[PDB]
S.K.: 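Here you can see indisulam bound to DDB1- and CUL4-associated factor 15.
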Amino acid sequence: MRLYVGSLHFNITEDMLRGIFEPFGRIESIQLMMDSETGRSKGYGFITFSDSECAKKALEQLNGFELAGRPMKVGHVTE
Amino acid sequence: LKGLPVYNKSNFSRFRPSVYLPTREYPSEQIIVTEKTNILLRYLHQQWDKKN
Amino acid sequence: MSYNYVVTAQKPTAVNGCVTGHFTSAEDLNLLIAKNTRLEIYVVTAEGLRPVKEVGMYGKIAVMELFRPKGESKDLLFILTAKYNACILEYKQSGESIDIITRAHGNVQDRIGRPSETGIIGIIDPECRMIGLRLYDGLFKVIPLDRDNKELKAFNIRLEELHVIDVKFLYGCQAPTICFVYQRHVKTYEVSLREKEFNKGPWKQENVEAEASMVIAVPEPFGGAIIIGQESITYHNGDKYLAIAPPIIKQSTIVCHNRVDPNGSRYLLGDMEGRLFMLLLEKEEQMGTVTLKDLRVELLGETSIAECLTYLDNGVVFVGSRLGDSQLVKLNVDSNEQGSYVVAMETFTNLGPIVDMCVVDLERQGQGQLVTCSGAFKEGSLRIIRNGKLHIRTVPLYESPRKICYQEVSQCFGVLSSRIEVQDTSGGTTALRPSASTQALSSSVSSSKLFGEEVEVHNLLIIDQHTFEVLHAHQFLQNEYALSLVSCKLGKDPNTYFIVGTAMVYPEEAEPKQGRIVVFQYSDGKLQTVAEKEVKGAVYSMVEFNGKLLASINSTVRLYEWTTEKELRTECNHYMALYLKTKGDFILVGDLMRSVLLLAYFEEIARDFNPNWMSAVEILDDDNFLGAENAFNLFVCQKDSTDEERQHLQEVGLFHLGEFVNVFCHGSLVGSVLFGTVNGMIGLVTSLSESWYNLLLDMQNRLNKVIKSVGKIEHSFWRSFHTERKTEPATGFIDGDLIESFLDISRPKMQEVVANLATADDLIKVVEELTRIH
Amino acid sequence: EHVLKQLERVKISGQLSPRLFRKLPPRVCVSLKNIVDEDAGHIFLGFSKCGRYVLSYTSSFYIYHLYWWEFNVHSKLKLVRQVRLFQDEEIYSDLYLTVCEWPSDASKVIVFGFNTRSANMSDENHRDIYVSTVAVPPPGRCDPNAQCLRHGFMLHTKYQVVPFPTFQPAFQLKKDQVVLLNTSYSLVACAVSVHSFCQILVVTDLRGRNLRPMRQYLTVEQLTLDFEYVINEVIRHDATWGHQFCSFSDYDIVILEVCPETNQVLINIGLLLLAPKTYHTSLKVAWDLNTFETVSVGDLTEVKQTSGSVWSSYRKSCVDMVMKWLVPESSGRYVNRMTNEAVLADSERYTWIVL
Ligand SMILES: NS(=O)(=O)c1ccc(S(=O)(=O)Nc2cccc3c(Cl)c[nH]c23)cc1
């Protein structure tokens, strides 16, 4: 299931999001949108699960919780 | 304004280096030695000796 | 298999820093200077500065501060190298046995921090308890100053800001509080050595404006700090806030300071334009206690552009410049005819930035007579140094020289003067000071058509080789920018031409997009443009290639035939070529990140794949090619004569020089290679044999176990090739000053070192010809 | 800023450094429609830390050949080395491939392969991760009778993990010549040695290009930390609540910090014990690779109410701790990772490969 998350603090990798979004269920893809010229994170991200129930459980599980310097939000309607 | 200091009123009144070649050796008193332990691990050890 | 020998024809002259204190004894006002590796101790006396010693450290001296612990009669010294070797040194004078006894020494690299952007900051606690070092970002190296038996167990404290501008230990607080500016906001902290951590220091954090750069810890009794930079001179201590914003400090960034009165009543401020300010603190009693009324700064005049300032007794200050000439300057209590309370006393000479040099023969006889360019903004000068000893005649230009070349037909010098002008709505823009371009006999602007900043006016000056006055100044157009210059004959022409590589840089874009190659002649009193060619891009470097001009645009090395109709014509386009060296047919192009590249006549030959930023390159012979990089090194890479193994170079000689070499020039002052660095040092590279190289190598390994060093820095550590990526010992180079220091040791020390070869006087023979090329 | 004024500042200043010369735009750029060959299945991973080699891989059962390429701007991107990854390994999946370098010891690279889900009925409850170290082609050379030419070899091993552990390619490869692998039942540090020990003072597949040598010679040494034994020993001694405890179900291990000089690696351990009721902790354990284990934190006890969100909240805590306790590592001593998710920017050499 498709999901956009942009709240990251210019030091979150694809791997950190994979590790914190993983253990609900099977995940298929993580595409952390980085800015090209800086070599660093733009602060967005498109992550897609396999199923469609674990992303919806993640919507109420990880929305607006503070990640390490700032409140990270999750959220998907259609995106 | 101008009440400037004077360490010696004779200095700069009547107004080429040598090279130091060392041969003889008088031994070294002290050594700078950096502590090896990592900051987070040392902090967690000193916190585990603060509550425990 | 390539052997070279490097020796110092001129020790570095630019002042890297200065400190003051009772070092040689308790009662004598020592002035200590560090010039890039040389620590020169002076005693202030009645005739003036009587120089005592010159102790040579094995490193680039970056932290040098005088601190006196309790129970010590006179000051100890703390020196940190720029390769993170630290030492604490005690003077000892018994009649003649001057013994700079090292007490503390050790390496303070931690190998996982990254180099902080602003630089190493070494600060000493004002009650001598410990030493603070910002070496790396996000970390604070603390050395406790305990005297127990052997160790000084330094540790780290994780500073949580990761971008800190300037940090100072503060005065009078019962526990040692640091006070810093981070990227801007001022924070304090109170260090706890018993638990090795920061505590929330008193006087909580505040905001300052973004260009603030300096923190000054005011002594007792005032307490607190001053934050300076870009019209923000604000005193802070707890409750007490104080600001001031005069229009005088706006024009340029204050770069150094020194404490005049020992209770902090007045301070000295030097800035980038070479001015001099007296910062004044005013007292009040309100009783018992003492408080600060109101800050005021007061100008004094103009001096040379100071890297370190230092107040010495009776109203003289040691303006210790890095760009131009150092000074001893008297502070007059009386004014002058223009408002200058400074009067010059002694102009200590310094080469400083050797941006380029061409070794020419002025009189006759083939003796090399170097004509280097020097200075930065208002103290650019041609320095003509000849062998004697080395007499150095200075012609001040008062503006920046970029490159020089020699046209011996009219006995003239072409040089690139770039003066800074400040814009206005009054006219176009009128310059600051009377300089060489403004004092020309006959000038000409280029007439070919084709608010928070400063404009650059770029000129070619043509300068007589005998009297060294100027003859004609050719001013290039608005937002033009001359980069490279070459003097040569082209085609089948009978006359020599000047060729300048100008670009058009614009404030709205980073990359330039147009430039032109312009070719002049000199018709004995008139500089006449004979050619111009508009190229899409900046003309980076130009070299004469067998009657043809090998230009280099942004990445496109082009070649130009000089046609019969007085015009330039392109041939091909091979795709940052910024150094072009030519030995006959070869071309050694040094890209900024492409290490080195060769070309023939453009059939590429070989390349090098190594992370370097080439300051300059040199064609030693057709096999070996020699480069200096920005990590202060030198390396030589041969050409192995297997087609992949044919299109490859092998770095065979590595040598941590300790300098930033801006130019290589072939020749000799008395073939060989001069390198002219940015600390004013002029050096010599000579080729060698195999057996002489092994002779000097084994002699050096026997010499390193006898000539003890100061601070116990290993010579195999100071010269070993160290960039940010890797470290390795030095091969293929011979430190010529270590071997030249053999002849100045005692005869029992001369006979003690060898013990395993013939005799000893023969070594006295061979070193006594290695000095005959300086 | 400009670039010409930056060059003048460099000339008169002598502080040229790519830290301040970082926000400057990269120069050379290609769409990879002019230097690419097969005019294949070459998906281009990214540059090395040096800047001369470019890597790519071909999937094509699947095969996954790996290719070092020598670069040239005016002339061709010449293919140097082609190597078969994970021989005698039955592969079935798409295999997200991730390649990494050591910080300083750049004579060999390491590559991991992770699928989406295992197929041992395809078991959803497993994951196949493969590992192989392969030597980099030595550029400066000098019939295996010459010494410094035989810098080419290979070592691969496949494992399955059980809820899944976290890839961490900055701390697993922070100690030089050693790799750290979280097998979800253990943590294994593997060290390779060419010709004095980087160890205490799983079974691998070593190969040269195809052959199988005997264990200039090369020896391996692996140290292995078992989780159950260390959890029982840390509970039996350091547990202020550990008396109502009986058993434990599941645990996730995150690596927080690896100190190479002290040879210590810090592992947070998120346990699920029972004390009874379902109870979780967040332990901290320091591991000393030079000989042995030392405790750092035996934390609290807490009732769980979402399934699986205990682990994500726990790893949120671990990245909160590491992102609080970071020291910004240098250029040079950092770990580069190349992975294409199915543009190559060498920001040092300022090269752009747009796709
Ligand atoms: N440069 S840094 O910000 O200090 C930094 C950057 C990358 C890494 S990592 O390679 O270990 N990735 C990583 C970090 C933290 C949590 C997780 C999870 Cl969960 C999976 N992977 C994680 C560590 C530190």
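Chain identifiers are assigned alphabetically (A, B, ...) following the order of the sequence lines, protein sequences preceding nucleic acid strands; residue numbering begins at 1 within each chain. Ligands are counted one by one from 1 in listed order, and the atoms in each one are counted from 1 as well. Excluded from the calculations below are hydrogen atoms, water molecules and symmetry mates; all remaining heavy atoms, backbone and side chain alike, are included.
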S.K.: Mind listing the other chains that have a heavy atom within less than 4.0 Å of indisulam (ligand 1)?
M.R.: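 By heavy atom, the other chains are A, D.
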S.K.: For chain A, what name does the PDB entry give?
M.R.: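 It's listed in the entry as RNA binding protein 39.
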S.K.: For chain D, which organism does the PDB list?
M.R.: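 It's listed in the entry as Homo sapiens.
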